[PDB]
Structures are given as C-alpha cells and as structure tokens.
Engineer: 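Here it is, the structure, as structure tokens.
To match the PDB entry, the residue numbers of chain A are left as they are there, and the shown ones run 23-165, 189-250, 262-503. Values below: every heavy atom of this structure, side chains too, minus hydrogens, waters and symmetry copies. First listed ligand is number 1; within each ligand, the first listed atom is number 1. This deposition comes from X-ray crystallography, 2.5 Å.
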Amino acid sequence: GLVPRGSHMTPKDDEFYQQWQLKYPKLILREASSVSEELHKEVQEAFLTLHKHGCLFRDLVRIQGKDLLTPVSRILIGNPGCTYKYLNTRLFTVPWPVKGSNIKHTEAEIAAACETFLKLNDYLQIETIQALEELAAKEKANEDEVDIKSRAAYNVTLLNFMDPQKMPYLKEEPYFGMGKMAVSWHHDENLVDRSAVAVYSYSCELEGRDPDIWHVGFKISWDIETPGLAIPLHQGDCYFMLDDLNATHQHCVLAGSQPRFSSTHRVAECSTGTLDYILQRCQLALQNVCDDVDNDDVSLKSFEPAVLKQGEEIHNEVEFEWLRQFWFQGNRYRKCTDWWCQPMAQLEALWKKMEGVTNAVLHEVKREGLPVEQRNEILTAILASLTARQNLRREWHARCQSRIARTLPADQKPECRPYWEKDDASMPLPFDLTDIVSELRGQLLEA
Ligand SMILES: O=C(O)CNC(=O)c1nc(Cl)c2ccccc2c1O
Ligand SMILES: [Zn+2]
C-alpha cells in the first residue's frame, strides 16, 4: 500500500543530492562560508537595526477574496520610485542609495541599513550572474549576455522577519510531511520573466527534516508525487532561484524554532509600477485639459471617444493602483522615509484634477445641442471605466473597514483616502457613483 512519495528529502538522505541534480538543478545554494564575515556583520546589524526601529510590518493582504494579515513582517527596500505588487498589495520602496539619489531624511541608522542591503544587492547580483554563466556552460556542453545581466538586475529586496515564539500560529505542510510553514507553497509573482531571485537567510541562534531549523521547501508545480526538497538554512546561507525555477516549481518556508530574517532580492516587473511611469500617465490624461491656470473650471480640448476612455482609465489607475494602495497601508513607511510624501501629494492633486475632468465629461453628455449619436459614443467610451471605478471604491471602503483592519495599531490602521462626504463642496462629484452610472445606462437603452 505504498505510493508516489508523499515524502521529502533532506541532506540526511542518500537520494537528496541526486534528486537535487536531476529535478531542481536551477536551485543554487551558497553556504554562509562563501560570504565574507564583514559583510555578514553589516547585514545582520542592518536587520536588527530595522527591527528595533519598528520598520517591518505585517501586510493586510488579500487571497481568494479574504482579508488576511500575514504572520511574517516585511519591508520593501529598493530603487527610488519603484513598487512591487503581490497578493493585491502594492508595496512602495523604502529607497536605497542608487546613484544620483536624493538623500530624503530618514532615521539615523535606517539610511545606513538601506545602504547595507544595497551592498548585499551588488554582491548577490555578481554571484547570480556568475551562476547563470556556469549554468549556460553546462547547457552548451551537453546539448545573450544581456539576458543574463537583466535577469540578475535586482531592483528591490523584500525583507521578512518571523519570531515563531511570538507568532505560533503556523499551518502544517500538507503534501510531504515538512511540518510547520511560515510561508505556504507559492510562486513569487510579478517578476521579470525568467529572472533570478536571491535570498540571504539569517536564523538567530530522527525521521525527516529537523523542526528546530529553518528550511526552504521546493516542489514541482502540479506535482506532489515527486518528493519535495527541504533545504536547511542557517546563519547567513544564501539560495538562488535561477531562470525558469520560480515558474516551474513552488517554494515554501518551513519554520524553525528561533526567530529569523531573510532578504529576498528580485527583479520586479515594474513597467506600470514606477513613480515616473504613473506621473507620465497622469500628464497624458491631462493633455486633454486646458492648463493655463489651476482652478475648478476644468475645460476639455476634445470629446473624442478614445481620448475620454483613456482619461477615465488613467483616472482609475492613479486612484486605485496608487493612492488607495498607499493609504490603505496607513502610512507606515512614513516611519522609515518621507520619499513618497510629496510624490503622493502630487498624485493626489493630479487625481483631483481628474475628478474635475470626469465632471466636465458628465456636463458635456447632458448638453442641450448634442446629437444623441455623439452622446452615445461618449457613454459607450466611458461607461466601463465609471462602473469599474464604483465597484473598486465599494471594495476599498470595505477593505479599509474589515473587522481585521480595525484591530491594527494606530501606526498602521488603513486610511480610506481619498474620501469625502456628500456634503463636501470641495469635491465636484460624489464618492458614490451608483446614481450617475445608472443614469448613463438608462440613456444608452433609450429609444
Ligand atoms: O523568506 C524567504 O526565505 C522567502 N520569502 C519568500 O519566498 C516570499 N515571497 C513572496 Cl512573493 C511572498 C509573498 C507573500 C507571502 C510570503 C512571501 C514569501 O515568504
Ligand atoms: Zn517566495
């Protein structure tokens, strides 16, 4: 009555190394020994420094339609202006000193910790490039270099902390008997295609895997028959997911007994995920506006269907992918940096102008001498956007009010911003668009 595994291998197993070579050869390990002790010291002090200053936060994430606080605490450090979205939650970088950077005030050591993980970034990048080089050499032996450079060009690291003591609510691994999970089976999302990932692991201080020691687990996608690998991690071990590993396999993190930090360096796919990018989108939308002076008499250059559609889509993007994402996190990074404070003021102001634009379009649609054909063209151009705007607003209000969110501290409690009451003359349109959307449809049905 024995079947395909339902089991896992560790180094305690003879088959371990050969299974590693045959079924997970794009997973690479570099033991703590291969990293200079000086770098170890700076990186671990930087972990503890960011921990004492309270810079790591559990994210109020979303999964299969459920609001869930993560057991693990996190901070995103990386290129200025860059974001990384996972589980419907866009993390904004705490900036690190990339060349030609602006020294935006931060707590004393905080900036020095960010500088440190930049240093670790450079290092791991060198290692990753070396390993992909070696990997290709094997490839050509048995059977571009710009591709390598870019698949290793880490623009962010996502730091994680868990204390299994003060966070004892951990799920059991369901397929292979690997025990307690800090992070369940997953692929890392929103990374550049075929990009590598590098993880520096930092633990503080018989059948199957040792439950007291931290491991990273690996399995093949769709496959619980091939035995999973449970890799032991100690103080300063590094692992690397190369090439298509992250796509073809899943990984998890198995909890040990002691606290542990990790630094997971990534090539975030940020083509719609940078400040410069969303600023350019806002400028594009506002091209349709007469911009001599900034005031409330917003007047539009064209009502061509395509230009209005584009404008209302950009309105949506800045509102929900940026403003609401930033403020849903209650301004926690204000604890680490001020970098995003002016950028978010400026995006909020660009957004307010856009509430202005929408209003202008709604006045036009209701205009006396407007041939009903052109009117119908406008409605059909904008209706999808306005309806998606209304639904996404209902969802963010709720997500800000969930019973789980109200239980967060005052430093991290969500902020449903921007938000205004119906008795607010400062804003040209109501927050609740259901009336407006209904009317627009009733018209499009009109004989
Ligand atoms: O800490 C580690 O060794 C590895 N960390 C992660 O692999 C990791 N990556 C992602 Cl994208 C998520 C995403 C959501 C929750 C946990 C994650 C996680 O632990
Ligand atoms: Zn992961």
Engineer: I'd love to know the name of the drug at ligand 1.
Structural biologist: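 That would be FG-2216.
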Engineer: Report, by its name in the PDB entry, the chain making the most contacts with FG-2216 (ligand 1).
Structural biologist: Alpha-ketoglutarate-dependent dioxygenase FTO
Engineer: What do you see: which UniProt Fe cation-binding residues in chain A have a non-hydrogen atom under 4.0 Å from FG-2216 (ligand 1), if any?
Structural biologist: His231, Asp233, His307
Engineer: So if I count the atoms of FG-2216 (ligand 1) from 1 in the order they appear, which ones are less than 4.0 Å from some heavy atom of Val309?
Structural biologist: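 The list of qualifying atoms is 2 (C), 3 (O), 4 (C).
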Engineer: Give the residue and atom name of whichever protein heavy atom lies nearest to atom 1 (O) of FG-2216 (ligand 1), and the separation in Å to one decimal.
Structural biologist: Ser318 OG, 2.6 Å
Engineer: Any neighbours for FG-2216 (ligand 1)? Other ligands or ions under 4.0 Å, I mean.
Structural biologist: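 By number and name, ligand 2 (zinc ion).
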Engineer: Give the atoms of FG-2216 (ligand 1), by number and element, whose distance to some non-hydrogen atom of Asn205 is under 4.0 Å.
Structural biologist: 1 (O), 5 (N)
Engineer: Suppose I only count heavy atoms of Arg96 and a 4.0 Å limit; which atoms of FG-2216 (ligand 1) are within that range?
Structural biologist: 15 (C), 16 (C), 17 (C), 18 (C), 19 (O)
Engineer: Can you list the FG-2216 (ligand 1) atoms lying under 4.0 Å from a non-hydrogen atom of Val244?
Structural biologist: 3 (O)
Engineer: Provide, to 0.1 Å, the distance between atom 10 (C) of FG-2216 (ligand 1) and the closest protein heavy atom, together with that atom's residue and name.
Structural biologist: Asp233 OD1, 3.2 Å
Engineer: So which heavy atom in the protein is nearest atom 9 (N) of FG-2216 (ligand 1), and how far is it from that ligand atom?
Structural biologist: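 The closest heavy atom on the protein side is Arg322 NH2, 2.7 Å.
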Engineer: Heavy-atom contacts with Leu109 under 4.0 Å: which atoms of FG-2216 (ligand 1) show up? List them by number with element.
Structural biologist: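 Listed by number with element: 14 (C).
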Engineer: To check your reading of the model: name the closest protein heavy atom to atom 12 (C) of FG-2216 (ligand 1), its residue, and the distance in Å.
Structural biologist: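 Answer for atom 12 (C) of FG-2216 (ligand 1): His231 NE2, 3.9 Å.
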Engineer: Against heavy atoms of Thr320, which atoms of FG-2216 (ligand 1) measure under 4.0 Å?
Structural biologist: 2 (C), 4 (C), 5 (N)
Engineer: Can you list the atoms of FG-2216 (ligand 1) that are under 4.0 Å from a heavy atom of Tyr106?
Structural biologist: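 Answer, ordered by atom number: 11 (Cl).
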Engineer: In terms of atom number and element, which parts of FG-2216 (ligand 1) are under 4.0 angstrom from non-hydrogen atoms of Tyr108?
Structural biologist: 13 (C), 14 (C), 15 (C)
Engineer: Just need the protein heavy atom nearest to atom 7 (O) of FG-2216 (ligand 1), so name the residue and atom and give the distance.
Structural biologist: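 Here the closest protein heavy atom is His307 NE2, 3.2 Å.
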Engineer: Which 2-oxoglutarate-contacting residues per UniProt in chain A have a heavy atom closer to FG-2216 (ligand 1) than 4.0 Å?
Structural biologist: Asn205, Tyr295, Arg316, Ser318, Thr320, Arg322
Engineer: Tabulate residues with any non-hydrogen atom nearer than 4.0 Å to FG-2216 (ligand 1).
Structural biologist: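 With non-hydrogen atoms counted, the site is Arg96, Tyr106, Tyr108, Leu109, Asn205, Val228, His231, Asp233, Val244, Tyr295, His307, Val309, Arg316, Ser318, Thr320, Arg322.
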Engineer: Starting from the N and O atoms of FG-2216 (ligand 1), find every protein N or O within less than 3.5 Å and list the pair with its distance.
Structural biologist:
unit_1	atom_1	unit_2	atom_2	d
FG-2216 (ligand 1)	1 (O)	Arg316	NH1	3.1
FG-2216 (ligand 1)	1 (O)	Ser318	OG	2.6
FG-2216 (ligand 1)	3 (O)	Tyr295	OH	2.9
FG-2216 (ligand 1)	3 (O)	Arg316	NH1	3.3
FG-2216 (ligand 1)	3 (O)	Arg316	NH2	3.0
FG-2216 (ligand 1)	7 (O)	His307	NE2	3.2
FG-2216 (ligand 1)	9 (N)	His231	NE2	3.4
FG-2216 (ligand 1)	9 (N)	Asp233	OD1	2.9
FG-2216 (ligand 1)	9 (N)	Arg322	NH2	2.7
FG-2216 (ligand 1)	19 (O)	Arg96	NH2	3.0

